Structures are given as C-alpha cells and as structure tokens.
J.: 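Structure with niflumic acid, see below.
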Number of protein chains: 2
Amino acid sequence: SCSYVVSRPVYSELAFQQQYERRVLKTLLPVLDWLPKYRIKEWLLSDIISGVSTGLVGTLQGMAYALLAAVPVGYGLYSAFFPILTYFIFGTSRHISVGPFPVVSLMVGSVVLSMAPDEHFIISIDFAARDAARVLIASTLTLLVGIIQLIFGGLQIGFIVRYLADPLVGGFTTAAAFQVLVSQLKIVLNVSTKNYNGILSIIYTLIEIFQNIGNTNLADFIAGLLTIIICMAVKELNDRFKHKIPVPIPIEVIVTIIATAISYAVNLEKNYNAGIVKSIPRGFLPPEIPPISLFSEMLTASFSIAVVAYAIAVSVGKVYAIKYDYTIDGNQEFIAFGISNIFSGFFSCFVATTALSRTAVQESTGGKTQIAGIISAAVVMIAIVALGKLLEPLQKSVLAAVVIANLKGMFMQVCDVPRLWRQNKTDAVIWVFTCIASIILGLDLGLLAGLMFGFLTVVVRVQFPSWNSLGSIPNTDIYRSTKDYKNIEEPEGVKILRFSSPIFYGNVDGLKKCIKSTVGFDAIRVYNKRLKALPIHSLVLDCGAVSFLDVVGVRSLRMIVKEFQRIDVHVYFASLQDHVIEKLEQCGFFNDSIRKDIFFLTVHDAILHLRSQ
Amino acid sequence: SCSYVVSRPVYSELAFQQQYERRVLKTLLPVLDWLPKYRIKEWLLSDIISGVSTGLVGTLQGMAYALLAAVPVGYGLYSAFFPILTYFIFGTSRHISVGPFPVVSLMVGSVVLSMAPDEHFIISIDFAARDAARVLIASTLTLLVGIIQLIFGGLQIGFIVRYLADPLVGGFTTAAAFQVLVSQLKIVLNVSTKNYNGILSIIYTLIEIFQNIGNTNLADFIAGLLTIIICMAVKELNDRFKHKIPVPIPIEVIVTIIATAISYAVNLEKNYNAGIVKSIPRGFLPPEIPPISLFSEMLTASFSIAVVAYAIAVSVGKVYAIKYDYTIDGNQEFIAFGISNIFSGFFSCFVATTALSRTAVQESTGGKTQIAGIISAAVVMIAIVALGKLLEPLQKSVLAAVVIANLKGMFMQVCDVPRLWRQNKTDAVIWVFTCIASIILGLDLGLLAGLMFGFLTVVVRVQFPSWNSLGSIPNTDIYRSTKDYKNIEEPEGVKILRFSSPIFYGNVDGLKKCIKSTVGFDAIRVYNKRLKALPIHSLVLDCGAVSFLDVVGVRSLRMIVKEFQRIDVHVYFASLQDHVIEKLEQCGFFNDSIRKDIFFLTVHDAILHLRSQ
Ligand SMILES: CCCCCCCCCCC(CCCCCCCCCC)(CO[C@@H]1O[C@H](CO)[C@@H](O[C@H]2O[C@H](CO)[C@@H](O)[C@H](O)[C@H]2O)[C@H](O)[C@H]1O)CO[C@@H]1O[C@H](CO)[C@@H](O[C@H]2O[C@H](CO)[C@@H](O)[C@H](O)[C@H]2O)[C@H](O)[C@H]1O
Ligand SMILES: CCCCCCCCCCC(CCCCCCCCCC)(CO[C@@H]1O[C@H](CO)[C@@H](O[C@H]2O[C@H](CO)[C@@H](O)[C@H](O)[C@H]2O)[C@H](O)[C@H]1O)CO[C@@H]1O[C@H](CO)[C@@H](O[C@H]2O[C@H](CO)[C@@H](O)[C@H](O)[C@H]2O)[C@H](O)[C@H]1O
Ligand SMILES: CC(C)CCC[C@@H](C)[C@H]1CC[C@H]2[C@@H]3CC=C4C[C@@H](O)CC[C@]4(C)[C@H]3CC[C@]12C
Ligand SMILES: CC(C)CCC[C@@H](C)[C@H]1CC[C@H]2[C@@H]3CC=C4C[C@@H](O)CC[C@]4(C)[C@H]3CC[C@]12C
Ligand SMILES: CC(C)CCC[C@@H](C)[C@H]1CC[C@H]2[C@@H]3CC=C4C[C@@H](O)CC[C@]4(C)[C@H]3CC[C@]12C
Ligand SMILES: CC(C)CCC[C@@H](C)[C@H]1CC[C@H]2[C@@H]3CC=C4C[C@@H](O)CC[C@]4(C)[C@H]3CC[C@]12C
Ligand SMILES: CC(C)CCC[C@@H](C)[C@H]1CC[C@H]2[C@@H]3CC=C4C[C@@H](O)CC[C@]4(C)[C@H]3CC[C@]12C
Ligand SMILES: CC(C)CCC[C@@H](C)[C@H]1CC[C@H]2[C@@H]3CC=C4C[C@@H](O)CC[C@]4(C)[C@H]3CC[C@]12C
Ligand SMILES: CC(C)CCC[C@@H](C)[C@H]1CC[C@H]2[C@@H]3CC=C4C[C@@H](O)CC[C@]4(C)[C@H]3CC[C@]12C
Ligand SMILES: O=C(O)c1cccnc1Nc1cccc(C(F)(F)F)c1
Ligand SMILES: O=C(O)c1cccnc1Nc1cccc(C(F)(F)F)c1
Ligand SMILES: O=C(O)c1cccnc1Nc1cccc(C(F)(F)F)c1
Ligand SMILES: O=C(O)c1cccnc1Nc1cccc(C(F)(F)F)c1
Ligand SMILES: [Cl-]
Ligand SMILES: [Cl-]
C-alpha cells in the first residue's frame, strides 16, 4: 500500500530558525429576551398545567424539607415561594424549579443546631424563643450564602465546578444520604436525643438512639413503616412497568392526604400523643434584617453550601439544556442564585436550588418557559393563605418516611465503586476518601478535604511519571523502549532517555535519579576520583512530553549539562516544544557556550548528527 | 552535510503490533561503621580543636536562643548538650552541629506563650510557677515533635522536603526574620507588652511597642545599639577583607566577655535597674515525664516544626556532603532526629537542629568525624557545672542584639524577588504569597498555606495548557503551528490539533472548548438541525504530550469520537504513548467498533493514509 518516503536535510533548532522565520444587557439578563418573543398561541395551557402540577409537588416538598433544617414547618413554603419569584427575572434556564433539595437543608440545619442548641440557648423550656433564634440563624446563613454567590458571579469564575470530580461527588452523595437517613430515623422514632457537635457525631447519635430505643412511639413508627413500604412498592411497580403512563404516579400526595384525613378523623394527637405539625402560620410576615455580626462564625459552611447549590443547579440545567438544544450562562446562574438567596434571606428563608426530581415532574407535564414557575408560586401562595389549616393534623413521621423512601438512588453507588476500582485505582481512592471524610467530619469539611485530596492526587500523578530508555527499530526511524519489544537494538556509545512529564522540583529530583540510574554512573563522583588520581560518550533526552517549566527545572538542566560536559560527555535535547524553548531563553539558560546548537527536532536527526562524527 | 532519508511502510498501531511483538544494621545505624575504621593517627588533634571551638560558640548560641522561646536562660545549655550525645550514635552526617536554630525556638516560644500567658496562668505574680509551666509545655512539644519525626522515619517518607519550593522557603525565611526582629526588639527595649494570639499579632505588638516607647530603659538600649553596630562593622570588614584569616573572627564572644566584665564591674543591676539573666542553675536536673494529655492541642504546630527542622538539617547535610564526597540517608536522619528530640524532651529541652552557622564554624576549624561533637558537649557540660556563676551579670539585651545583628542574610531576599518576577511570574507569586501569609498568620499556618498554594499553582498550570492547530512544512514531515511561521500550508479537508497536557476533568472541558473553537462548529447542534430539517471531513489529534489519563478523560474521548462519527467525520489519534494505550484498553474504550485501527505512530502516517483514500 502507501509508503513513508521523505528526503530532507538534518535540522537542528538553529538551522531551522535560520531557514524559516517565526512571527450591558447580559449581566442583568432580563425577561425582555423571551417575553416579547412568547408563543401564547399554544404554550399557555401547557405552562398552566405544568405549573399547577409542580406547585402541588413543591408545596409538599417544601413542607417536608423544613424538618431537615431546625426550622418549624411553614417557612418551607416561603422558601418555595420567594426564590421562584426572584429567579423568574435573572434566570437563564428554561425548565428548572427552585427549592430546598434536602441535602442543603441538612447542611443549614446542622449549622443552625450547632450554633444554637437546646441546653445553651435555654437553661429552663421556651419553644418560641428557640424557634425565633433558629429562624434568625437560618436567614443570616442564607444572606451570607447569597452574598458569596453574588461575589463569585461578579468575578466571572464559574469553572470551579470543574474541580468537583465525579468520584468525590458520588462519595459525598452517599455520605449525605447516610446523614439524612440517620436524622430522619431520629425524627420517625420520636426519641429525644441530644445533639453532638464535632467529629464522630453520627456514631454518637446512633449509639444514643439505640440506647433510647425503649422510648419509641408505636403509632409514629407504624405510620412511617407503612408509608415507606407503600411508597417503595408503588415506585418499584412504576419503574418495572414504565412503557405506559409517562407522568410519574403521585403516590406521595395520595399517601399524605389519606394519612392526614385519618389523623383528623380519629385524632391521634390526644389519644396516642402522636407528633403532628400542630402549627402553620397564616399570611405573610414582614421582612427583618438579619444580624451581620454572626458572619464571622459561618464562613467555612456558607462557602461549601454555595458551591454545592450552584453545582447542583448548573448540573441539572446543563442536563436539560443539552436535551432541548440551548445553552445556559454559568456566571449568570451565579448572579441569579445569589440575588435569589439574598432576597429569600431577607424574608426568613433558607437556601434554594434546583431539585432534579421536581424539575423532572415539571418538565414531563409539558415543560415550557418559566411561566410555569410563576403558576407554581401562585399555587404555593394559595396554599399558604387558605390551605394552612387543613394540614394541621398531618404527622411529621409521614414526611420523614417519604424523605427516607426517596433515598435509594443516593444509596446505589456502592455497586459502582468496585468497577471504578477495577478501572482506575485513583478514582476509587478518591471516592472512598471523600465518603470516609464526609462520614467522620462535617459535610462541608469533608467536601473541602475531598477537593484538596483531588488536588494532591493530581500533583502526585504529575510528580511520579513514566520514564524509559529508548532504542531504534532497525531500518526505520521509530524508537521504543528496549526491554519491551525484544527486537530493539541499542545504539553504540549513546543513551536515549524519555521522561514523560513536565519538569519541576519533584520532577527534577526524579529526573536526576533516573539519569543516574540510566547512564550507570554520575559526573560528580567520577570527576572527583579523576581529580584525586591526578563507556558512554553522548546522551540524548527525549522531551516530547515536557509540558511546562520553572526556574528550578532550568537550574537543574544547566547543572546537568555542565556536570556532563566536565567529563567530556555531550548532552543533546530533542522534540522540545517552542514555548518551553522561550521559557528556557528568558530564564538565562543560553549563557556560557550553549548557543542552542544542541537542540534537534526529533530523535533521529540527533542520531544522524552523532553518526556524522 | 548529512541528510534525513528513510523508507518504510505506513504503520498504524494495529499493523505495528501485528508485525512486532511485545513482552538490619542500617535502620539502627551504629557508630560501629566508622569507629573501628578511625584514623586516630592524625584526626584526633583536629577533632579536639574543632570541638573546643564549636563548643565555645554553641554555649553562647544556646544561651542566646533560650530567649526566643519563653524559657529562662539555662535550659539552652541542656538543649545544646543532650541532642549531641544522643545524635552521636544514629547520625549519618559527619560535619554538622546540633542546636536550637532560633527560628524553631521562636515557633516553640510562640506555642508556649499562646498556651500559657501571664494573665491566664497567674491572676495575682508567681514567676516560678510560670517558668515551670513554660518548661513543661516546651518539653511536651519537643516530645510530640520527636514522636512525629520517628513515625515519619519509620514510614520511609523522606521526600516530602521536595514539596518545600525555593520561593516559599525564601518568603518564609524573610517573614521569620521579621518576627525574630520584632521579638528581639521588644526584648531590647525592656518594655512590657502583653502578648497577642491569632492573626495580625505582629502589627498589634508593634503598635503597643510604639505606644509604650516612653518607658524604655536607656542603658539596655545603648548596650544593644553599641553591640549591633560593633558586630555589623566587624562582620563587614571581615567580609570585605576575606583572603586572609579563613577562620571567622569571634567578635561576638569578645563583645559578650567585655559586656559581662563591665556589668560585673560597675553593677548595672542595682544602679540602673538593668535587665540581667540573674539566674543560671548548677548541676543536672532529674528527668520528668511530660503530660501527654496536652497532645491534642499541639498537632498543627508540631507537624510544621518537625518538617522545618528536618528540612534545615538535610539541606545543610547535603551541602556539606556534596563538598566532602559522601552521602547521607534521609530516613536515617528522620530516625536520628526523632530519637534525639524524644531524649531531649525527656530532659527539659526544646527542638534541636543543625545551625548552618555553627556548622561552618565547626568545619572551618578542621572538620572531621563526630568526635568534635563529643568534645563540644564536654565543653558545654564544663560550662554548665562550673562557669554558670560567671555569666550572671550579663545583660539579655546583648544576646538580643547579637541575634538581631545576625539577621541580614535573611533580610536580603527582597533583592532576589524582582529578578524572580522577571523570569517566572508563578515563582514570584508563590514567594509573595508565602511571605504575606506568614506575616498575617502564624508561621506554621503560613507554611501550610504556602504548601497548599504551591499544590494549587501546579494544578492550575496543568489545567490550562497550550494548544495549537498544526500544518505541514512543504516537502518535509515537520508540522508546526500555522499562525507562527507564515510558510505553513493547511492541508485540504483535515484539521490537526495539539493539546499539550494530560487529560482530566478540567482538561476535558478545556479540550472540548478547544476542539469546538478549532473545527469551527460542534456535532450536537448540526446533528439536531439536520434531524429537524428531515467543510471538514477528518480530524487528527496530536497526543505526544498526553502524560496520564483517567476515567473522565476516556469517557470524554469516547463521546467526542461518537459525536463526530454521527455526522460522518473521522477522528484519528497519533503519537500516543503505550501506557496511555493500556489505560484506554482497561477502561473499556475499545468497544462498539473502535478496533484500534484509528491509531498512528506520528502525524505523517495519518496524513498519508488519508491521502490514500
Ligand atoms: C476559598 C478557600 C477556602 C476558604 C476557607 C475559609 C475558612 C475560614 C475559617 C474561619 C476561622 C479561621 C480563620 C483562619 C483560617 C486559617 C486557615 C489555614 C489553612 C491552612 C492550614 C475564623 O477564626 C476565628 O474563629 C473565632 C471563633 O472560634 C471567631 O470569633 C472570635 O471573634 C468574634 C468577633 O469577631 C467573637 O465574637 C468570638 O467570641 C471569638 O471567638 C473569629 O472571628 C475568627 O477569626 C474559623 O472559624 C470557623 O467558624 C467556626 C468558628 O467557631 C467553626 O464552626 C464549626 O463548629 C462546629 C464545631 O463546634 C464544626 O463542626 C462546624 O464545621 C462549624 O460550624 C469552624 O470550625 C471554623 O473553621
Ligand atoms: C498532615 C497534613 C496536615 C495535618 C494537619 C492537622 C491539623 C489538626 C488540628 C487539630 C484540631 C482540628 C481537628 C479537625 C481538623 C479538620 C481539618 C479540615 C480540613 C478541611 C477544611 C483539633 O480540634 C479540636 O480542638 C479542640 C480545642 O479547640 C481540642 O480540645 C477539646 O478536647 C479536649 C480533650 O480532648 C479538651 O481538653 C478541650 O477543652 C476541648 O476544646 C480537641 O481535642 C480537638 O479535637 C484543631 O486544633 C488545633 O490546635 C489548637 C486547638 O485549640 C489551635 O491552637 C492555635 O491557637 C492559636 C490561637 O489561639 C493559633 O494562633 C495557633 O496557630 C495555635 O496554637 C489550632 O489552631 C488548632 O488547629
Ligand atoms: C395508606 C397510609 C397513607 C395510611 C396512613 C394512616 C395512619 C395514620 C394509620 C394507618 C394504620 C394505623 C395504625 C393501625 C393499628 C394501630 C394499632 C392500635 O392499637 C393503635 C393505633 C394503630 C397504631 C394505628 C395508628 C394509625 C395508623 C398508623
Ligand atoms: C468485590 C466484588 C466482586 C463485589 C461485586 C458486587 C458488589 C457490587 C456488591 C456485592 C455485595 C455488596 C456489599 C454488601 C454490603 C455492604 C455493607 C454496607 O457498608 C454497604 C456496602 C457493602 C460493602 C456492599 C458494597 C457493594 C457490594 C460489594
Ligand atoms: C488531603 C488532605 C488535605 C487531608 C487532610 C486531613 C486531615 C487534616 C484530617 C483528616 C482526619 C483528621 C483527624 C480525625 C480525628 C481526630 C481526632 C480528634 O480527637 C483530634 C483531631 C483528629 C486527630 C483529626 C485531625 C485532622 C485530620 C488528620
Ligand atoms: C564593647 C561593648 C561590648 C561594651 C558593652 C558594655 C556596656 C555594658 C557599656 C558600654 C557603654 C556604656 C554606657 C556609656 C554611657 C552611659 C551614660 C551614663 O549616664 C549611664 C550609663 C551608660 C548608659 C553606660 C551603660 C553601660 C554601657 C552600655
Ligand atoms: C512587619 C511588616 C513591615 C511586614 C511587611 C511585609 C510586606 C508588606 C513586604 C515584605 C517584602 C515586600 C516585597 C519585597 C520586594 C518587592 C519587589 C518590588 O517590586 C516591590 C514590591 C515587593 C513585591 C515587596 C512588596 C511588599 C512586601 C511583600
Ligand atoms: C524594581 C526594579 C526596577 C529594580 C530592582 C532592584 C532591587 C535589587 C531593589 C532596588 C531597591 C529595592 C527596594 C527598596 C526598598 C524596599 C522597601 C522594603 O519593603 C523592602 C522591599 C523594597 C521595595 C526593596 C525591594 C528590592 C529593590 C526593588
Ligand atoms: C491555597 C490555600 C491554602 C489558601 C487558603 C487561605 C485562607 C484559608 C485564609 C487566607 C487569609 C485568611 C483570612 C485572614 C483574615 C481573616 C479575618 C478574621 O477576622 C476572620 C478570618 C479571616 C477572614 C481569614 C479566613 C481564612 C483566610 C481567607
Ligand atoms: O423527594 C422527596 O424528598 C419528597 C419529599 C416529600 C414529598 N415528595 C417527595 N418527592 C416526590 C418525588 C416524585 C414525585 C412526587 C409526587 F409527585 F408524588 F409528589 C414526590
Ligand atoms: O442532581 C441530582 O438529582 C442529585 C441527586 C442526589 C445527589 N446529588 C445530586 N446532584 C449533584 C450534582 C452535582 C454535584 C452535587 C454535589 F456537589 F452536591 F455533590 C450533587
Ligand atoms: O548567630 C547567632 O544568632 C548568634 C547568637 C549568639 C552568639 N553568636 C551567634 N552567632 C555567631 C556566628 C558566627 C560566629 C560566632 C562566634 F564565633 F563569634 F561566636 C557567633
Ligand atoms: O540553612 C540556613 O543557614 C538557613 C538560614 C536562614 C534561613 N533558613 C535556612 N535554611 C533553610 C533551608 C531549608 C528550609 C528552611 C525552612 F524550611 F525553614 F524554611 C530553612
Ligand atoms: Cl430529589
Ligand atoms: Cl545561624
């Protein structure tokens, strides 16, 4: 077939250079972009239906997620209502819904509980003062998170989500699922367990729950178990029988309605001392400015909460945008969510994000422009104003049971771990380290530890690269490692070394060790021995994989060249990229008889040049 | 001259693979290694002289460095005595001296002061109890540092000193010089300033010193100024006139003797209320076991102290070993220094290390085997037993003045900073960040921040690499960027892209963006538009600089290949290293009609193969 034929002179860097010469409306993204461009002819009915459905789902989700945070049920409605209204303007996406997403709710609740516990705040008990303190701390944390998100949006740094590797995301998700399960089990069992702050908190909580297992309430446990079993069974039959009924079956809403109807009918509150919500405020509360003096004690938590919320939001937005063939702006997502968090924090709400489940519920029922979000907000406010009394007899164990029932997918990555280990050990190590760190630590501390561990793994992978001693395949210009192909012939009196990495301090130490091992000796000892008394004549370095360079690398290269020229051994460089060559130039490498004449394009011109002498 | 001529068939990876087939006495290092091999015939006199000289220097240095730590003068003699005795056995080096090196002393003193201040420990004042508490905390910290060093020596991890980059070392040195200067100025001025713990401590200390400047003592200030001026002048004339007198002139010892003689003669203590040492214990104290319960509050400081001490010791040892043509074992250095720190901590001493200045004093006076260390220890114990009373009238301001006078070299890196910025911006950024962090923080926190910032800089340099669009030089097989050489011709209907970095998640996002920019479009939009309705026909990737790979990179490559094959665009790979090829193989890349037939050795076989069709 085709053959490889070429004829040209041998080109060093100097000769090659001699012969060839070198040398205002998007930042505040309005509704004005699509509102005039609307398609009211057919989109309105779909928007209305989708908004009604997603509002019905989001009301229950906000009521349920208010328990993950140490906030009374009723503020979740505000957290579902205000962020949608303030995101309708600055939002870039077109199919997402805004709400708690209980993981962020659990982070906020952990912060609030650790910053205001029962024994420290109250030495008597005053439920109202404790609730007010918890609400104030939640609002302050929300405001701080919003400020941080807005600041990050202003700086145009939205690529930090790249640093959230998939294995660490999976490990963090599994650990968060464990934390949520433990907290909701504590809620279901109706056992009073004092909070633990610090490391190994979950173990102490589980130990004390098992100790106090003797005080559990029978009715709440039975209701939770029945709800979990029913929801899991209906979800399993929905998953197995999937060709029909594209809309998900609203088993949770039916379960909640039946549970509250029975609770009101037979009055579990006074006959069995059951745990009901017992209180839902009516109307809208006036705004209150949070105290900013607490900002000094909520930095390392607000940073992680903002990062996690933004990452979830952009992930869901991209997943839907690639399906519907459009794009979203990451920095505008930062700006919109920061403004939304500020506005909600001024109105006694906790952090709001995308909730992929509710997003799918909204989209599968005729997903269209953000008018459905406005309709959902209208449904939520109608529920707030009037339907507050009808949900009074509902038990909190039912909501906790639903939250637990929706945790299986977060529990199903332990099956992905073994294949990940089989494919690449580093990814499995990152997964396990992130999971363990998030287990015995706070969630935010675990996230930060996982990020820095990923950075460390990248640095270590760069620091210990591959290296080889190369020889030529006969009658060709192909050089491969001598110990692998069994037909590689070593040239006479010259060594070829490949060091497949950029060169920095760790790499300069590694490269010195590799050179000493490959050449069979070192220049310093032989020079000293020869001075006291009073096999290789050339060395070629293949630098095709050298990405970048620093001052320490240049110093090490200069020292190596000088030491090898002391004992009459020539060192040549080949396949060096240009930008590395100017990096060498501006670091003062080309001084004291270097002259750039020892640089070649590939490792076959150097061999021919050596053979010419 | 010589020409480049080669003739061979075009080799893909599959054809190339088909045609060529692949496939107990050192851990406890004794004195027994050199003691029988001694050269007592001529080495003994040199050892005696060098030991006497270095003991005379080390006595004064230990007495002076005891003020940097919040420990009374007298324990520095123990810290100079015990570590030499316990290092004579396990030591690998042959020319170093063991002692405080005031930077580590200042770190220890900062820890001790922050863990036991005047107001908290004493509500009255009891000097003896405060001194006992400071000594106990110093001993406990020394024991913890020794345990950490021994543990690190057992694990055979001695290459962590590679992570201490030169710019961060220079910045840390400058910041430590500033801290030492401020503390010793506070000591010289004889002004009482309450300690500050936390961030911005040095600024508050300086502000309060300037506020209390009205209470300074005249005699101590005059003595310190005179000592500093005299020492600086003598050192300057010694440096300028250097051809003669190879041994350094002991101006410091003469200054100390004259100062103490005058102080005893005219009795500054009672006539001017001067600050003298006023107390030196006689004899040896019995050992006391430190309380281990404090270990929980000294981890992040002991880690940094151990790392810094080990780094200084190995640096000086290597500098002298390369001169005297021998080698030292890093892990054995860990073991020896950990055992030494444990032994000294059991005997009320602080951390001991190499003190390059005293090492040079020892070596320049006939450097030989470690017998000189034993002689120096003998001189130190003779000074302890008998000469304790003669140093009573000496002022502490003189010692502080000497410590300040020896700080110029640590202050002389601000001149190195500008050239570092001119050569490589990243190194200057690391230097400035380390200096600023060590200024407004603790020294250990600054060191940790500098290490993690170096890791971040390496990760960022890897994450944003170089990329280019390549074309061929006519009548050759050399491909260079089209926009640089002005004679590069772009081939017909094919694009060549070089992405000079390994591929991971940040790199996969960058590579997707680069491919989209280079090819002028993307596959998803054109595929969707063509489906709704119902310039480039080949792409070559130059992967010569791809070092390693992960699962995310493999997934991204698979997705890119599939998306480009959807719209009838062929993607080829060239210059991929072997180990990357097996990494692709074991990640499941070669599924669904890949067949390894799209891999070529270099980017000229791919072009010829394309031209054959
Ligand atoms: C973008 C890149 C990442 C940025 C990350 C930024 C992190 C910022 C941390 C800020 C920080 C360190 C500052 C130095 C950091 C040095 C790092 C060195 C790194 C290298 C080695 C501030 O440190 C000081 O803390 C003081 C309180 O201790 C605080 O209050 C003082 O002054 C007040 C008047 O101003 C006065 O009213 C008050 O009385 C004073 O005390 C000071 O204002 C503040 O300066 C530590 O604070 C963080 O917040 C909490 C504090 O309690 C603490 O909460 C945890 O508690 C749970 C257990 O209970 C735990 O389980 C949770 O997790 C978490 O809820 C966190 O743990 C801690 O971290
Ligand atoms: C190889 C790689 C590096 C390894 C680095 C290892 C560092 C280990 C730090 C250990 C640590 C964090 C543990 C969790 C870390 C989470 C990291 C998350 C990372 C991701 C984001 C322990 O944290 C807890 O601290 C408690 C005390 O607060 C301590 O005592 C509790 O139980 C006791 C009975 O056991 C009981 O008697 C006691 O009453 C209890 O309180 C607990 O035992 C201990 O668990 C923090 O402690 C460190 O030490 C000091 C504590 O005060 C503190 O001192 C600083 O003070 C100066 C200002 O004053 C400051 O200027 C100085 O610098 C420094 O002197 C340090 O700042 C702090 O860091
Ligand atoms: C289908 C789902 C939604 C129905 C949920 C309704 C809940 C409130 C009902 C269903 C089954 C009920 C339980 C059935 C049996 C008993 C035993 C009796 O000695 C005490 C009441 C108790 C423990 C009931 C409490 C209330 C209960 C848990
Ligand atoms: C080792 C290989 C062959 C296992 C292949 C099957 C995998 C997917 C399954 C089989 C049994 C599973 C384990 C069963 C029990 C536990 C204990 C609990 O902590 C959950 C994780 C863990 C540890 C599971 C991890 C995933 C697992 C190992
Ligand atoms: C990749 C890098 C950033 C990871 C760093 C993790 C470090 C900082 C963490 C991981 C686990 C942590 C330890 C977990 C448990 C305890 C016990 C407690 O009584 C004192 C703190 C101590 C001893 C912690 C010190 C800090 C620690 C060692
Ligand atoms: C050469 C070096 C080592 C000599 C050091 C000796 C010291 C103790 C001597 C040298 C100069 C002396 C000072 C000279 C002048 C005065 C002014 C007088 O009104 C009070 C005493 C005072 C302030 C002296 C104090 C002691 C002093 C500082
Ligand atoms: C105790 C106080 C005074 C400490 C102050 C430390 C800071 C402010 C100092 C110490 C060393 C200084 C640097 C030394 C050298 C240069 C190079 C030149 O281009 C001026 C700026 C720059 C980069 C300086 C910036 C300020 C700097 C970082
Ligand atoms: C900057 C270019 C043009 C010349 C560089 C010359 C170098 C060797 C010298 C000349 C003068 C020096 C500066 C003079 C004074 C100070 C104040 C103090 O904070 C130390 C840093 C700094 C800022 C010095 C840094 C180093 C410096 C800039
Ligand atoms: C590369 C990595 C390790 C750098 C990390 C630097 C971070 C952790 C450090 C650098 C400077 C620090 C800040 C310095 C000063 C203050 C003011 C104080 O009242 C609260 C803490 C706060 C706000 C610190 C928070 C932590 C901080 C932002
Ligand atoms: O997912 C949760 O945590 C959750 C909590 C309370 C109610 N509903 C929840 N989820 C959920 C998910 C899909 C469909 C539905 C619904 F439509 F049936 F309401 C609810
Ligand atoms: O998106 C979802 O549906 C989802 C569900 C459970 C956990 N995590 C989820 N998402 C998700 C995506 C990216 C990053 C993160 C994380 F950062 F919080 F870990 C979460
Ligand atoms: O360097 C110090 O901090 C120091 C402190 C006290 C005494 N002498 C010191 N140094 C020092 C340095 C070189 C030579 C001599 C001496 F030989 F003159 F004693 C002393
Ligand atoms: O070796 C010396 O003489 C010296 C003098 C001043 C500062 N630092 C010195 N050494 C030195 C060498 C390596 C690492 C370190 C550091 F880690 F402490 F910063 C110090
Ligand atoms: Cl969900
Ligand atoms: Cl010194």
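Residue numbering restarts at 1 for every chain, and letters A, B, ... go by the order of the sequence lines. Header entry for method reads electron microscopy, 3.0 Å. For ligands, and for the atoms within them, numbers begin at 1 and follow the listed sequence.
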J.: Do you know where to find niflumic acid in this model, all copies counted?
T.: ligands 10, 11, 12 and 13
J.: Would you let me know which chain has the most contact with niflumic acid (ligand 10), using the name from the PDB entry?
T.: Pendrin
J.: If a contact means heavy atoms under 4.0 Å apart, which other chains contact niflumic acid (ligand 10)?
T.: A
J.: Using a non-hydrogen cut-off of 4.0 Å, what is the binding site of niflumic acid (ligand 10)?
T.: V57(A), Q61(A), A64(A), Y65(A), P250(A), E252(A), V253(A), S357(A), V402(A), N406(A)
J.: Can you pull up the source organism of chain A from the entry for me?
T.: Sus scrofa
